[PDB]
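The model below depicts Estrogen-related receptor gamma holding 4-hydroxytamoxifen.
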Amino acid sequence: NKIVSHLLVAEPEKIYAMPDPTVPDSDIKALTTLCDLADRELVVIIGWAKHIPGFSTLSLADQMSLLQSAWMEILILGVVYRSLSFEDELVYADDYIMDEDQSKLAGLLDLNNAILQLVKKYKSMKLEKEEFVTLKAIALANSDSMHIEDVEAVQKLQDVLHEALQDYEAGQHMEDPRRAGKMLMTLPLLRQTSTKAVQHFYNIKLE
Ligand SMILES: CC/C(=C(\c1ccc(O)cc1)c1ccc(OCCN(C)C)cc1)c1ccccc1
């Protein structure tokens with residue numbers, strides 16, 4: 001499926017977190033490290049969104065609305081995929097892998113354990129890189145914003161990406177004719193973790 005190939009080649013290069021080595025470890029350092037990593041990931045996510053077919057043909061407002069509603073889900077799906085080959089550890093970056101102790105010290109134990117629940121499920125499903133890049137595009141298109149202008153166009157985008165997933169799964173996993181549906185059913189947990197994380201992100205006043 002062409003869309004998948006396209007998403008695969010438009011996939012952004014790895015970003016380093018570069019935690020400040022002179023700063024003592026604390027919950028503030030973790031939050032600062034993560035706060036700066038996401039900022040840079042966000043800039044790249046925008047450049048990546050423009051590669052999704054049909055996306056840059058939406059109005060500017062509609063483009064913002066989607067990103068503004070899906071940014072956290074996308075950042076979270078990334079750390080999750082980077083962590084599939086690990087155990088009880090989240091790889092925010094190659095130079096910033098958080099274990100349970102660091103999560104506790106960061107006051108993110110509950111949140112990270114929820115991100116680990118997502119990872120646990122995808123490991124079980126043997127989530128391929130192709131499904132990762134597509135699910136990420138879908139999460140953006142299906143972000144459920146309230147301020148979309150052209151609802152038809154956004155639903156259109158949703159459909160072309162959904163079709164790519166369905167098509168990919170139809171040819172790569174003939175052994176499971178319901179894989180695509182299983183993949184779509186992992187989205188609720190993603191939405192759930194994302195909204196809870198966004199909540200925390202505001203309680204902390206990050207901005
Ligand atoms: C779960 C870690 C995280 C962020 C994160 C998620 C995925 C990823 O790849 C990198 C970081 C996080 C932290 C800050 C943030 O704000 C950006 C806006 N400001 C900093 C300009 C977004 C996500 C976070 C979110 C809310 C509170 C505390 C931590």
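Throughout, numbering of the chain's residues begins at 1 and tracks the sequence. Atoms within a ligand are numbered from 1 in the order they appear, just like the ligands themselves. These numbers come from the heavy atoms of this one structure, side chains and all, not from hydrogens, waters or symmetry mates. Technique stated in the header: X-ray crystallography, 2.5 Å.
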Specify the organism recorded in the entry for chain A. Homo sapiens
Would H200 count as being in polar contact with 4-hydroxytamoxifen, using the rule that some N or O on each side must be under 3.5 angstrom apart? no
Measure the distance from atom 12 (C) of 4-hydroxytamoxifen to every protein heavy atom, then report the residue, atom name and distance (to 0.1 Å) of the closest one. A38 CB, 4.2 Å
Identify the closest protein heavy atom to atom 16 (O) of 4-hydroxytamoxifen: which residue and atom is it, and at what distance? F201 CE1, 3.0 Å
Measure the distances from the heavy atoms of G78 to every atom of 4-hydroxytamoxifen and state whether one is below 4.0 angstrom. no
Would you mind running through 4-hydroxytamoxifen and noting each atom that sits below 4.0 Å from a heavy atom of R82? 9 (O)
Protein heavy-atom partner closest to atom 25 (C) of 4-hydroxytamoxifen - residue, atom, separation in Å: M72 CE, 4.0 Å
Residue portion contacting 4-hydroxytamoxifen (non-hydrogen atoms closer than 4.0 Å) for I204: side chain
Identity and distance of the protein heavy atom lying nearest atom 21 (C) of 4-hydroxytamoxifen: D39 OD1, 2.9 Å
Looking at residues of chain A within contact distance of 4-hydroxytamoxifen, which UniProt domain do most of them fall in? NR LBD
Do you see a protein non-hydrogen atom under 4.0 Å from atom 4 (C) of 4-hydroxytamoxifen? no
At the 4.0 Å heavy-atom cut-off, does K196 count as touching 4-hydroxytamoxifen? no
Can you pull out the closest protein heavy atom to atom 13 (C) of 4-hydroxytamoxifen? Residue, atom name and distance to 0.1 Å, please. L34 O, 4.0 Å
Look at atom 27 (C) of 4-hydroxytamoxifen and say whether a protein heavy atom is found at less than 4.0 angstrom from it. yes
How far is atom 2 (C) of 4-hydroxytamoxifen from the closest protein heavy atom, and which atom is that? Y92 OH, 4.0 Å
Considering heavy atoms of the protein only, find what lies nearest to atom 10 (C) of 4-hydroxytamoxifen and give residue, atom and distance to 0.1 Å. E41 OE2, 3.1 Å
Is atom 8 (C) of 4-hydroxytamoxifen less than 4.0 angstrom from at least one protein heavy atom? yes
Can you tell me which residue and heavy atom of the protein come closest to atom 22 (C) of 4-hydroxytamoxifen, and the distance to 0.1 Å? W71 CZ3, 3.4 Å
Tell me the nearest of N112, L108, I115 to atom 29 (C) of 4-hydroxytamoxifen, using heavy-atom distances. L108
Should the proximity of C35 to 4-hydroxytamoxifen, defined as any heavy atom under 4.0 Å, be assigned to the side chain, the backbone, both, or neither? both
Listed by chain and number, which residues of other chains have a heavy atom closer than 4.0 Å to any atom of 4-hydroxytamoxifen? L34, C35, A38, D39, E41, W71, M72, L75, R82, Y92, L108, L111, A197, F201, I204, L206
